[PDB]
Protein chains: 2
Amino acid sequence: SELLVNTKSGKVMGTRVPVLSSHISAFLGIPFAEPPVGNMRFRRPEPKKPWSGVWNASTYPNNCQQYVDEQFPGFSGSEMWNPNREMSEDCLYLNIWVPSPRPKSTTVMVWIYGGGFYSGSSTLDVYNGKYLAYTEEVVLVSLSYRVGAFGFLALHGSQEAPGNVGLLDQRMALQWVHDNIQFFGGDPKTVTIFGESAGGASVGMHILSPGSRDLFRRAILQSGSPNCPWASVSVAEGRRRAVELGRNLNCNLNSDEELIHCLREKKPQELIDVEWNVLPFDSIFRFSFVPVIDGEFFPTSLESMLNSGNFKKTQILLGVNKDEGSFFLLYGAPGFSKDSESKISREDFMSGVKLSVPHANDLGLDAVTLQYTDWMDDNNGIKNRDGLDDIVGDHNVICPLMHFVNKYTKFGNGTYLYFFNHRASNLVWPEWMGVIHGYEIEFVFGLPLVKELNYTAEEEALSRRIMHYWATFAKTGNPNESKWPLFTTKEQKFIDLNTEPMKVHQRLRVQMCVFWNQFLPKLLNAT
Amino acid sequence: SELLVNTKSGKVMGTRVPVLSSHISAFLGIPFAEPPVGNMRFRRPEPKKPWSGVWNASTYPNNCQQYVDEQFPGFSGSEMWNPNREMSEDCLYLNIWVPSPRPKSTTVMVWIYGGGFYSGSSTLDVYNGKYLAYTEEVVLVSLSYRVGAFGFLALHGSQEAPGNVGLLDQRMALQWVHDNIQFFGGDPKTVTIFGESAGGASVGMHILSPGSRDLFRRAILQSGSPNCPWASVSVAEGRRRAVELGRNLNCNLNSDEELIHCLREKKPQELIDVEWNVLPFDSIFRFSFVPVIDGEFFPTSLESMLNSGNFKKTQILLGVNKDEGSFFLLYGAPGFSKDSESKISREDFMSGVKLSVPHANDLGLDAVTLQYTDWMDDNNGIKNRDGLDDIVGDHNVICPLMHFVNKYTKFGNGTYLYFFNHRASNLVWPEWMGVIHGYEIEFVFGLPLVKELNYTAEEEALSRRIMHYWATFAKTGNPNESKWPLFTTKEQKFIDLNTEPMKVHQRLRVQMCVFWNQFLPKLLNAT
Ligand SMILES: CC[N+](C)(C)c1cccc(O)c1
Ligand SMILES: CC[N+](C)(C)c1cccc(O)c1
């Protein structure tokens, strides 16, 4: 049967799922590793020991333990990212969508979810890969990885809590995908890994890490990149933060071993409850447990790896959303309210800039303000609001990203850059947040095709355009079959991704990113 | 007779000069001090000992020794500022234009010429006050002061070369004007001193210096202010520079006395020939001998005097020209040519920024470039040219000026601000220099009235508008009799001075001046 697949790990019994007016095969909850429960907590992922009999892949697996967003109870706009399944340390599973009839050797797409590394689930409705698989005839895989302390606690030097295990979970699923995707009709030599924000940053990290380059062909980075200010921390900082977490749970802090045994004995929720109290600054767009520059997964500093072309050379497709910042301001910046226009005063604005650049000194904060302030209307509430959004966005997502493309393109084999600036008609978030972080996902996953979701006609088109772009690029290394220009260091071409007839632009936010990528860094170094 | 005037200094025989289709009285070359020749060189100005018999004031006096501009031989646009008379250390004279019939007690206007303190003459044709006097029925006085080493050499602590003597020459003429203007029909209690660039900066210095406040009523500052980066130097710098000048002439440098005797024995031209070799940096818009913050003429630092309201409180009328920088770039910046479009490359642009901010460090130079560069078209020759012009202008004239108005208005009694941005139709300078430094003078002195000068009809109007504004403000402390708004710290209103129907704007170049007045200063201090 089309639902019974044999794999090097065991037999898998999938399920037939309905798509639009047809069907596809669905293999959900396939284990790719040993449950990271018990003294395995914080440990590197273990390979799933093969099984006997058919594994039932007809229902989504559990979700990884993680901070749940209770900020707006019942508000779909926020709950849609919350885990829709029971949480559990036993969460290392992957899901595959397979076209019906099963392909003999088609292109594979692996999705790596986002969540600032502290959250994420492969089972969210927005990550339902049935539409992409059906529409673009691609084998769509969605993996899961330990998030929060569970996946990134880093007691560097220890083997019980090495750090980056969440990064290893991803890799192992990539390995599982490499090793068994042929049995699902997928071509293991044409596997494209794509992700958003933390997933988008993860992708580039696999591009960078030597132990991961050989396991995938092409990559798609959405609103995230390896060098994002919040995507990593030094071994020391990770240590610092690991200890602090221990401190918060009344743990013996005399040795890694005492510390780690302690943390291993505390309930998942116990680590989560105090997870944000370890950050080093009052700040926004900063997450507690993230990848560490350990010298293992990452041979060295990301910048030198970038600088010396020490990374897998291939084709990459990446982009950013118009308003990357809003989301984070509405959640931790004063003056912002989900239900108000959020006109921001200068006192509040200047507070926002302090939360945005936590590492900046007074001069740095002053340089940022000078640059993002209209001194001819410095008391405008709208201009201050928007100014804050651009700051959170440029510094955390768009500028870090432009640095990575510019550096990548130098040695890479084809760069394609998009700028998503279309606000879904049915968006439930206040208008002032604009084209919000993570709201390109639904277009990439072809949600606009399901009419009972009420998208506009041109949004359906947009979704098919992006889905094709995404699927066609994965298949060939080029989004084109009206041509989306190749990104080059000289011309710096890039395009818009909206319901209007695509347009080609140059030098994405140069002014602001020169400041963020070259000037500020220098200033703060000098001072 | 209307030409014979008795004064507390002696009888003066003037001359009748023709204006438009009528006449006026002219008293030119009246001595206000003892010739600063001999061992008097560098010494403070001495009062003119009274004379017997009638003094012949029918021909302009000599001009003060000074660097002559030979950059464009025969080019009127530059020679028009050159001395049109024989130069001589015997140059402390003043000129008065008196309406015919002589007024009984009318408003007096004293003009203090510009020239970056190294040049200037009261006898230039552009400074011919017959038009203003006739048209506005005002007693127009034009003084002269020692310029260059002769007027500003500063061996602070010495009495032979105290420094600022050029500033004292001005004062003494002001005193002479105070003491004898009544005999010419001028009201000594309604004397307005106005000047351009160095004269405009001089004016504000007399506003500041305690020993000068009582000698005038109102002030008009054109394209210059006391705190201009080039208007003053510390006693040390002046000393440093005085010695260096001595070094250049093979002078005993063992004592002020040996040094000064040496300099006193060298010919005027000898000091001039080496006058520019003492500057401390490769730079533009920097002059060798300028006022020194000596603690005598200036009680203390200009900023604290500004900060504590330690200055004469009255009404002031000041402004700037659209393109203050061009002139200085065309003369010392690479890439600029009087006869070319002057499209500037980035290599040349970056050289310009180095010459513009000589005291800036690498970070400072980088902050300036970031701010004045269009990184979306950083290779534009026109944009680089213009960018350089704005830099030389904002930092040397417009921003220093905005700081002085903002500080002044705080304790002042009426501020009126103009922005001259009209390029005379008959301008002989290349179009790219735009509305050039010092080209408002001719409008203020009503040159556009003499048809054989070929101005347009609306330029004639402009000139009468400004002349009235200038004369009406001096008479009443208000330019208005369509109303030129009063400058206030809150609103920051100011107007345009061009052939088009005046318009009111706010916050003159805020963006750029916040950077220049607040950010940069801080940056360079921090680093
Ligand atoms: C904005 C919603 N989404 C789940 C994508 C999310 C949440 C936290 C951090 C992120 O970078 C992104
Ligand atoms: C630009 C011509 N003018 C004589 C007014 C002049 C010359 C030198 C320095 C100045 O600030 C102004």
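The lettering of chains (A, B, ...) simply tracks the order of the sequence lines. Chain A uses the PDB entry numbers throughout; the residues present, in order, are 4-484, 490-535. What you see of chain B is 4-484, 490-535, where the numbers are those given in the PDB entry. Indexing begins at 1, ligand by ligand and atom by atom, following the structure's order. The deposited model was determined using X-ray crystallography, 2.8 Å.
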Q) Which partner chain accounts for the most atom contacts with ligand 2, named as in UniProt? A) Acetylcholinesterase
Q: Report the name of the drug found at ligand 2, as recorded in the PDB.
A: edrophonium
(Q) Hey, which other chains get a heavy atom under 4.0 Å from edrophonium (ligand 2)? (A) B
Q: Report all residues and nucleotides of other chains within 4.0 Å of edrophonium (ligand 2) (non-hydrogen atoms).
A: B:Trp84, B:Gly118, B:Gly119, B:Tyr121, B:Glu199, B:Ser200, B:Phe330, B:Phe331, B:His440
(Q) Any idea which UniProt active-site residue of chain B is nearest edrophonium (ligand 2)? I'd like the heavy-atom distance to 1 Å as well. (A) B:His440, 3 Å
